[PDB]
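Convention: sequence-line order gives letters A, B, ...; per-chain numbering from 1. Whatever order the structure lists ligands and atoms in, that order sets their numbers, starting from 1. Only a slice of the deposited entry appears, and the contacts counted are all within that slice.
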Amino acid sequence: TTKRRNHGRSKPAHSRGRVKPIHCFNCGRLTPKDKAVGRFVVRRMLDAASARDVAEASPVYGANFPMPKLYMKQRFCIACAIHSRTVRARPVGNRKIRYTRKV
Amino acid sequence: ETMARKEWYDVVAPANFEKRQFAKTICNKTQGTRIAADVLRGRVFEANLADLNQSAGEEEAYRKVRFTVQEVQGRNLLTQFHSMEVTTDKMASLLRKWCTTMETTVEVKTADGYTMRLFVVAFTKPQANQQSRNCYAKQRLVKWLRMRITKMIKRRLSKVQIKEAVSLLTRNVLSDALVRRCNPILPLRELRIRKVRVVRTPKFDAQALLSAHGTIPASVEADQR
Amino acid sequence: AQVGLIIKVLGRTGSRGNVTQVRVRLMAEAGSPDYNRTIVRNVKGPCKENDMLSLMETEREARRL
Amino acid sequence: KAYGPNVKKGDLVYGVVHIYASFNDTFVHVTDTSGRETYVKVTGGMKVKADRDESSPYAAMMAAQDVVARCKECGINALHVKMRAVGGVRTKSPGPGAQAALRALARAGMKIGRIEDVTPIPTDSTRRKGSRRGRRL
RNA sequence: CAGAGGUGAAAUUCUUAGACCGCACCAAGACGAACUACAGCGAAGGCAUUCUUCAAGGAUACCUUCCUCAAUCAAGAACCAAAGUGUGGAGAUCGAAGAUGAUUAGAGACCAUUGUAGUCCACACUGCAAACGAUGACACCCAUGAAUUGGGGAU
RNA sequence: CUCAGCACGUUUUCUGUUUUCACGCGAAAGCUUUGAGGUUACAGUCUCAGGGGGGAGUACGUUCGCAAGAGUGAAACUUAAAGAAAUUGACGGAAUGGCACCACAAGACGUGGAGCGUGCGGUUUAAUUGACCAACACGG
RNA sequence: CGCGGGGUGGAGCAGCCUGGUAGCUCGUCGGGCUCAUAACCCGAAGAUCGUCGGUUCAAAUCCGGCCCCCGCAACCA
RNA sequence: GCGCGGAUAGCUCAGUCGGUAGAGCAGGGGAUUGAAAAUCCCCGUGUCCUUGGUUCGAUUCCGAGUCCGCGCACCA
RNA sequence: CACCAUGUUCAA
Ligand SMILES: *O[C@H]1[C@H](O)[C@@H](N)[C@@H](O[C@H]2[C@H](O[C@@H]3O[C@H](CO)[C@@H](O[C@H]4O[C@@H](CN)[C@@H](O)[C@H](O)[C@H]4N)[C@H]3O)[C@@H](O)[C@H](N)C[C@@H]2N)O[C@@H]1CO
Ligand SMILES: [Mg+2]
Ligand SMILES: [Mg+2]
Ligand SMILES: [Mg+2]
Ligand SMILES: [Mg+2]
Ligand SMILES: [Mg+2]
């Protein structure tokens, strides 16, 4: 039973032979780069309660000059993406939905 | 007590900058076999370029500049440009996904003797009416974006001195004149000199250093309170 | 200990549901530095909004949700 | 009583605080802006007795208050902040102690200059700890 | 200057002969992040910085040349991931074996600290993959709508 | 100026990697100009392998290899199913949304300790005449 | 045989006040948790210190004779 | 027999230089908890090896001596 | 992300 056409990974049949693996973001498991689920997070450094304390005590930072943030590009193992609930198991008809941009 | 043996010293930039005296520091008093003036004369001082030229606009806010100590005049640390670098928060926000990213490295030997790398990064953009999914680039054209940048920095910064070259790297005179000439090769979303480093230096001339500071702003910490 | 007023009850938290997540306004004396400051804190016991309570260390905020 | 430099009462003297939060222990380290001179280094494992609390944000907060106590003695009115995770080949996401350390310097009246994350990012990586199958839990 | 590390909690381990941290630098060996994707190249293994080079490869364009030269294949040839082997280098990091912690009823395992062979290069050998699209090669016919890569042609 | 340039827009067309979509096909899952279609209405060409599950990719023989091994490759004996795809259910130290004082929470009042009453087991005895959350002051 | 070592709760081992129902790990019991067993938790029991004498206020210890077990040696013509 | 160190509850150990003992840890209780290990809070507990000179007052000062370490000695 | 091993033979 082929659970999914493309077999879990972005490689088609006659395109690549292999893709060199990356380590998982927390597991450290080596999975191929096209297989491993990849999220680019734009996480702020401070919570909006905590950022308001720091922006008030800052000569630089205010409503005019915004505070920096973290830009890190996480890539996870498939065991690692389910367990951190980055990704979840979806119904059989619902598995083909593909999101091309961050919602 | 450890602050009982510390003397406050003041760090002066060269004459290019508006706020000359930045980043007050400490150092030990001289014991006698080791002098403070030799321990200080290799230190590197990182300062934001918006905290120096005193005219922001979120192009200077995202570059810090490093200065290395040449001469010690009492409480002043007479410095020279060590490196400049676009900060890590601005640089990671410039990458989008579906475009392409060219990274050039050019080795420049100035007319003073300073050898430097400049690490230019560039990014393609889509056009206004463009319906395509990606707008990548031909690798013939990214090698001529790279060839023209490498040719144009080795020509403009090999005539100049080092005070002039830092004034080219600051104020975006070099970068704006490098976007405009490299935009008819490929559509460029952003061309930004990412970091520049002084790699090798000429042998230390004292009169060439004092000329690079104009008038030293005369620190106030060989003092009574 | 500063006396803060519950202006919002954010729902029952914890595993067993005995702890309540509130949003407490600090109610200082209006010339103070930390006046009209609001904190998101965990309350143990039955708490409705507009219920004053004493706070030992007001500089902590609880992790929401 | 104050080993500060020669200025008025109003002037801001800057140092650079180096907040390093791991998931094991958080550091708060104040230097001179060259790094070559250290004013105070207070770590979160000096505030708590158990090793599991050393990474916690409350131990980062108490370590942040011990810094402000000495930085006033040294005459440091304001700070630039360089935050970092462990980086390199490791997890690159900042720990629990990071945002609570920074909030406790602003809450204690230390003026905050320019926030920057200087976590070590490789252009290409050495091989990371753990096997091909990674850490298994 | 008084602890760092590590964990689910720890303990092996490092540390007032100064660890961890912070700054600039140096050395050595690997590796080329983000960009990096249902993208390209290659017969398959496989291939990801740059610049100067060497011989090639396919596609496309063509009112060039050739004129059946082809298809597929026992036998026979040359390639073939990783581990492995031989001889020299290298030896940074990860690390089969092994050693210490711990968990456990036991733990010869997972987890932590290490650490040999190996990892990396040169020249030989091997020819064992979930070597996969679990789909032999070459032709033919075959409805539809988004896209995408390279070449060419119209505006 | 790698500049009679670069990218785009609308449209043609060849080559490549694909995608959600008509027949048809299949035991189904699924495949579908990229066939698993054009097949009992069964023949375009060539080629390799399979013949119930094992034993067994074993033994012997031989050829390669420095060795590890590799290629080739049985039988005696043994078995009545092994498999394949789907359905319905039950289960998960798998997600997700609910619920219950025969669950917890926050508490109350106790049982388990003691003495007795009574039921159950055992041991005795001529005999000490069902049930083991949903048996044990219950068969009134 | 000379010489040297030990006999200890059912098992394996300790034992420096000359002396704690003598101590340890395991086992045996009785109750819990479990649908049940194991693990786990709460408890309780069990010693002729091989044996006979003797030193002593008091002996597993201290001195003995015995019974066992286990070795070291057992030589050069 | 010469100099250095060690003796402080069962175990472990820093001392105020001559004004009264401390933490570490084990032993009995509540807390965590549904049940753990770890974590917490609470009640044991050392005449401070023997002697003196006994400084207002000796774990602390000082003079011998037993005990234990190292590095040194060496003619009945 | 502490630990969490197992349930005799046919038959209904
Ligand atoms: O070779 C092509 C063939 O001739 C033709 N039948 C075509 O089929 C489609 C066509 O599909 C492609 O749409 C692509 C654009 O999204 C386009 O590709 C082309 O893009 C242009 C811009 N870059 C060209 O410059 C480029 O060379 C070219 N590859 C088409 O190929 C549709 O656009 C039509 N609407 C319908 C046709 N049936 O596709 C063949 C290759 O795919
Ligand atoms: Mg492969
Ligand atoms: Mg474990
Ligand atoms: Mg290691
Ligand atoms: Mg009865
Ligand atoms: Mg069994």
Exercise. What macromolecule, as named in the PDB entry, provides the greatest number of contacts to ligand 1 in this entry?
Worked result: ribosomal RNA 18S
Problem set entry | ligand 1 drug | paromomycin (bound form)
Exercise. What are the letters of the other chains with a heavy atom below 4.0 Å from paromomycin (bound form, ligand 1)?
Worked result: E, F
Exercise. Looking at this entry, which organism is RNA chain F from?
Worked result: Leishmania donovani
For this session: List the covalent partner residue and atom for paromomycin (bound form, ligand 1); answer none if no such bond is modeled.
Result: F/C14 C5
For this session: Extract every residue of other chains having a heavy atom under 4.0 Å from paromomycin (bound form, ligand 1).
Result: E/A147, E/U148, E/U149, E/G150, E/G151, E/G152, F/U12, F/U13, F/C14, F/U15, F/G16
